[PDB]
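Each remark here refers to the structure printed beneath this line.
Just so you know, residue 1 is the first one in the sequence shown, and it goes up from there. Only heavy atoms go into these numbers, but all of them, side chains included; no hydrogens, no water, no symmetry mates. Both counts, for ligands and for their atoms, begin at 1 and track the order of listing. When the header is checked for method, it gives X-ray crystallography, 2.3 Å.
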Amino acid sequence: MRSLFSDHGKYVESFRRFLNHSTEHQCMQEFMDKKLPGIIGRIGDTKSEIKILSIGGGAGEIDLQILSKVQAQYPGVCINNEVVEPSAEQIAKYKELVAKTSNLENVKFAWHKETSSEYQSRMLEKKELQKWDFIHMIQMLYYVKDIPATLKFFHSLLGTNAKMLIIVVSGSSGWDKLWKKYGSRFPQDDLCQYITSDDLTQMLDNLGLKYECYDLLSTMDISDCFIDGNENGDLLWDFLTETXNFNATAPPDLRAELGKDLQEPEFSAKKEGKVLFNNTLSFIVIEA
Ligand SMILES: CCN(CC)Cc1cc(Nc2ccnc3cc(Cl)ccc23)ccc1O
């Protein structure tokens, strides 16, 4: 088999179906509306500029919502939103989104086509480290080589009253169960780390950083995954397994097995007929 990250083709397409078959964005949006305002309430205090660093910003749809909340707390204040993203493709999409979005006059965007790691190296050379008021790393620590070094470095970039938000799947999610029970069944992955909020809180504890973690239930409708002849299902199987052509490249044993307990209370829930895989998310807020 081959990590999904490989075939850029389906990698991007399996994710598309994921969002259309999950509550991932609704969950995040819920967090931005109910919890974020309170979290960023003082990051702009005494500042004539608010610096926001988006690590791993994809097309920026969540980025803009966060910006929305920031502007709401600090009307009139210029916002400098820098985005660190290696994909020239995501950057292009992010830009087009920004161009079609109204009420962004007060915001200056900057895109850095590189990984958080490269960004780190480049900054460490500079005469001095620049501070940020808000840094967010949404669903991307999975693709980082050195997580503790990333957490420690970006936390060191936090200014006075600054905050750092991290989002990854929760340790109580179905992903955690899925990775513990079938982890061995798959080959080593130099392109992806299968970590959850449990791994993060452990690293944060040892790092001695102050943080708070909130969990919000989220679901992934994996119904189509149980219909042999279904294009969408097969795509969901790739995402769910972080594997290129899973059904086609995976031992019938692993396949038949997974498709069995993927319907167990252990991994999913059955409501309205649908099979809802546990996609519970964790929102981690770190203080300067
Ligand atoms: C390695 C693990 N899986 C899930 C636990 C994590 C994971 C990755 C993502 N991000 C993505 C996965 C696959 N293709 C993608 C393609 C694009 Cl253009 C942007 C983000 C992607 C989103 C949610 C999520 O939970």
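Given perindoprilat, amodiaquine, belzutifan, ruxolitinib, reboxetine, the drug or candidate at ligand 1 is amodiaquine. In this entry, more contacts with amodiaquine (ligand 1) come from one chain than from any other, and the PDB entry calls that chain Histamine N-methyltransferase. Among the substrate-binding residues UniProt records for chain A, the set within 4.0 Å of amodiaquine (ligand 1) by heavy-atom distance is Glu24.
Under 4.0 angstrom from amodiaquine (ligand 1), the non-hydrogen atoms of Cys192 all belong to its side chain.
Residues of chain A that UniProt annotates as binding S-adenosyl-L-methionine and that have a non-hydrogen atom under 4.0 Å from amodiaquine (ligand 1): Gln90. Inclusion of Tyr11 in the set of residues having an N or O under 3.5 Å from an N or O of amodiaquine (ligand 1) is warranted.
Amodiaquine (ligand 1) lies nowhere less than 4.0 angstrom from a heavy atom belonging to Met140. Contact between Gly58 and amodiaquine (ligand 1) is absent, with no heavy atom of the residue lying under 4.0 Å from the ligand. With distances taken over non-hydrogen atoms, the option nearest atom 18 (Cl) of amodiaquine (ligand 1) out of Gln139, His8, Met220, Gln90 is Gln90. With non-hydrogen distances under 4.0 Å, the site around amodiaquine (ligand 1) consists of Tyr11, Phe15, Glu24, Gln90, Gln139, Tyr142, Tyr143, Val169, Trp175, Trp179, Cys192, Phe239, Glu242.
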